[PDB]
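Caption: PDB structure containing hydrocortisone.
Starting from 1, each residue takes its place in the sequence as its number. Whatever order the structure lists ligands and atoms in, that order sets their numbers, starting from 1. No hydrogens, no waters, no symmetry mates; every other heavy atom, side chains included, goes into these values.
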Amino acid sequence: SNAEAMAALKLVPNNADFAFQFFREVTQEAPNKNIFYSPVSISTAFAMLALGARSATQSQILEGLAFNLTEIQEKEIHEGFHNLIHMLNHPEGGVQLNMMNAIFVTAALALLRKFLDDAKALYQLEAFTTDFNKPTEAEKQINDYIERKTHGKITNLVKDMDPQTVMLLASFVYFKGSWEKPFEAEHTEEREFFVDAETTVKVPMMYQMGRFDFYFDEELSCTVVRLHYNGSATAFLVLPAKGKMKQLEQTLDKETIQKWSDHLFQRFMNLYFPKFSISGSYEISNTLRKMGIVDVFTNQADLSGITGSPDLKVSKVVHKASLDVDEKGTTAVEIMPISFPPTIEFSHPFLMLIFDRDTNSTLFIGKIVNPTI
Ligand SMILES: C[C@]12CCC(=O)C=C1CC[C@@H]1[C@@H]2[C@@H](O)C[C@@]2(C)[C@H]1CC[C@]2(O)C(=O)CO
Ligand SMILES: NC[C@H]1O[C@H](O)[C@H](N)[C@@H](O)[C@@H]1O
């Protein structure tokens, strides 16, 4: 839904499929914890490796990313992702996501100019020769890099790095949206959030009254509220009924998303939503292995497009996503609402799904069980 987004849009179902398989996988390996990551950022970091991959290494990357090579060209995927990053990262554009990919490669290996140029042009890759036999100084320099790159918002990407690391793939992304409809800060008050409930925490609960996109599904036992950001990003806030999270996790896919957005309608309501911040920080190898991306991690990797020899493999891929949510920030037609409008209060665990409306991509997937962690 942006026309400049032509190449990016060809990617829309494949990226959404990947986004939600990844989600299904990760909620299994960690069933009662905060989950927070950037699908678009993971998809983008891996497609970028595909630039340098050959044969079955390459085919597994692209397929595990949910592309079917018999129906889409490799040219189009890279064109797609270049168009996507360009739109998400562009200053004049609707998101300013500032999502970043970096590789840290052992000084003991060669790099091809062809890979460095292709990956810079397409994917804005920064690549660093790294002496992993100085773990202390490697760690400190990598974390300083993430810190400086994120204007302070993300620090401590890596800790205790194997001195035999061949290549670290880093993707990281910080976001704070500006709300199309701001919450009034005078009315934020600490209220109770029900984690367990053997557990209960106090959270600053924001408040706003007004017309918001809303939908209830009975099938899933979920209240859906959708809030726009200024620009083109939008947030779906999904409140499952007590006892219905496991079920929502196991079903959630892009068809569920399309159902929701097809059926949202503006409803006047009292909205209570926590002011909070969340990080997710993962080494994502297993998850991707389980999704069928195998050889890239093993000695059977063909990354010869990177080094010019079949000597490279991905030792470690760290993904860190970070988000702040608060009240901020910035007429002639106003509804005459019913006497006792509904109240929706996100005060028990919920999903937060952040998308771009210009490229129809999933920017963030959050499962918030405890907004004070
Ligand atoms: C699932 C969906 C439609 C089917 C598909 O294969 C890919 C997606 C993922 C992104 C979704 C999209 C549509 O639903 C419209 C959405 C929600 C979009 C993100 C932003 C969006 O354009 C809107 O929020 C407009 O309401
Ligand atoms: N198949 C074409 C596509 O993939 C290659 O690996 C090239 N290096 C890149 O520039 C191009 O867009």
Inset, instruction - List all ligands or chains that belong to hydrocortisone. - result: ligand 1
Inset, instruction - Please name the chain that forms the largest contact set with hydrocortisone, as given in the PDB entry. - result: Serpin
Inset, instruction - Please work out whether any backbone atom (N, CA, C, O) or any side-chain heavy atom from C-beta onward of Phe236 is under 4.0 Å from hydrocortisone, and answer side chain, backbone, both or neither. - result: side chain
Inset, instruction - Please identify which atoms of hydrocortisone are closer than 4.0 Å to at least one heavy atom of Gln258. - result: 1 (C), 3 (C), 4 (C), 14 (O)
Inset, instruction - Nearest heavy atom to atom 21 (C) of hydrocortisone wins, so pick from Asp356, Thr362, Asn360. - result: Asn360
Inset, instruction - Check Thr234 against hydrocortisone and report side chain, backbone, both or neither, counting heavy atoms closer than 4.0 Å. - result: side chain
Inset, instruction - Using a 4.0 Å heavy-atom cut-off, say whether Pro13 meets hydrocortisone through its side chain, its backbone, both or neither. - result: both
Inset, instruction - Closest by any non-hydrogen atom to atom 19 (C) of hydrocortisone: pick that one out of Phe355, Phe20, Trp260. - result: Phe355
Legend entry - For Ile257, the hydrocortisone atoms whose distance to one of its heavy atoms is below 4.0 Å: 1 (C)
Legend entry - Selected option - heavy-atom contact closest to atom 24 (O) of hydrocortisone, from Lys254, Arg357, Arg226: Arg226
Legend entry - Binding-site residues: hydrocortisone, 4.0 Å heavy-atom cut-off: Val12, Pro13, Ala16, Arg226, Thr234, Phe236, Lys254, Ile257, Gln258, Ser261, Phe355, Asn360
